[PDB]
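Next up: a structure with avibactam (bound form).
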Amino acid sequence: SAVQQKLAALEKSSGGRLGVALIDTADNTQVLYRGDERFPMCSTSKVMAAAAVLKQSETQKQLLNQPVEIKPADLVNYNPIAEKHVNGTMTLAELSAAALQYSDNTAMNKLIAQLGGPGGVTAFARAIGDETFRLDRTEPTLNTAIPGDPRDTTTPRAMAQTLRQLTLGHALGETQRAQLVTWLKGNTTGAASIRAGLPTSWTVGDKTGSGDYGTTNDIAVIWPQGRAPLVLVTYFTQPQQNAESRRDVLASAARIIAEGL
Ligand SMILES: *C(=O)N1C[C@H](NOS(=O)(=O)O)CC[C@H]1C(N)=O
């Protein structure tokens, strides 16, 4: 299609590998580009981990308010919130917000630990019907983004379907879905990514990610003015291990998608 032409040209100009999956919930139409190829999720995997803890809280009713110890040795490579609470505690709700809205990697490791390790995140994915997602490692090694390595990857098609079920469908209970959407809408890291390619009047909740090989990712739920929501995944990775981030490529992909509606 014409959108296919434009996405391919954007990819060729970028020098990297671009993966796009859109679901338009107005009519269940889709736009897919490399939609069945695996890409390293990096920090976008935090959505699955926070959602899995939310699901646990449906039956452990006070789980989100349980204190979790933060030790100096727990700090990893990017810990803007957890570093303020070392030698103290944060609750699982606070850790979820830190992971999602500030992309705190120590907070993500606490979510993973609550779930019993990376396999617990994968098990939640399987429980909600996602047979493609896999989490294999903790932070920071889940971000190595090595070409051909299936660890810590998913496909754009699978992640868009799962993000729709989590934020607009019934994979979570009503209050928990609302909490996840509230957290995504309050993200601090997203203005240069999918959001930058969309009309300013549209409402976006998103989670970004980045890693080695210049990996630059964003996954979003979008409420355009006057119409039903969209779900958009944009994943991007590059040939050189030390490549620079390319958030502009994600914005350009979203802009192409928004024009083609
Ligand atoms: C997640 O991809 N990471 C944690 C933090 N995320 O910030 S981003 O979502 O704005 O990219 C830093 C980058 C990355 C990592 N390598 O840990």
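Residues: numbered from 1 along the sequence shown. We count ligands from 1, going down the list as the structure has it; atoms in each ligand are counted the same way. The figures that follow rest on heavy atoms only: side chains count, while hydrogens, waters and symmetry mates do not.
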- Query: Which macromolecule is the chief neighbour of avibactam (bound form) by contact count, per the PDB entry?
  - Reply: Beta-lactamase
With respect to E139, determine whether any N or O atom, backbone or side chain, lies less than 3.5 Å from an N or O atom of avibactam (bound form). no
Worksheet item: Using heavy atoms and a threshold below 4.0 Å, how should the contact between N77 and avibactam (bound form) be classified: side chain, backbone, both, or neither?
Response: side chain
- request: Between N143 and avibactam (bound form), find which residue part has any heavy-atom pair under 4.0 Å and reply side chain, backbone, both or neither.
  value: side chain
Can you sort out which atoms of avibactam (bound form) are near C42, meaning under 4.0 Å from one of its heavy atoms? 2 (O)
#### Entry: Selected option - heavy-atom contact closest to atom 17 (O) of avibactam (bound form), from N105, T141, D206, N217
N105
Is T208 close to avibactam (bound form), meaning an N/O of one under 3.5 Å from an N/O of the other? yes
Proximity flag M108 to avibactam (bound form), non-hydrogen atoms under 4.0 Å: no
Requested in this report: From the options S245, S210, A145, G211, select the one whose nearest heavy atom is closest to atom 15 (C) of avibactam (bound form).
Outcome: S210
Covalent tether of avibactam (bound form) (residue, atom, or none): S43 OG
Find all residues with any heavy atom less than 4.0 Å from an atom of avibactam (bound form). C42, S43, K46, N77, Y78, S103, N105, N143, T189, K207, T208, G209, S210
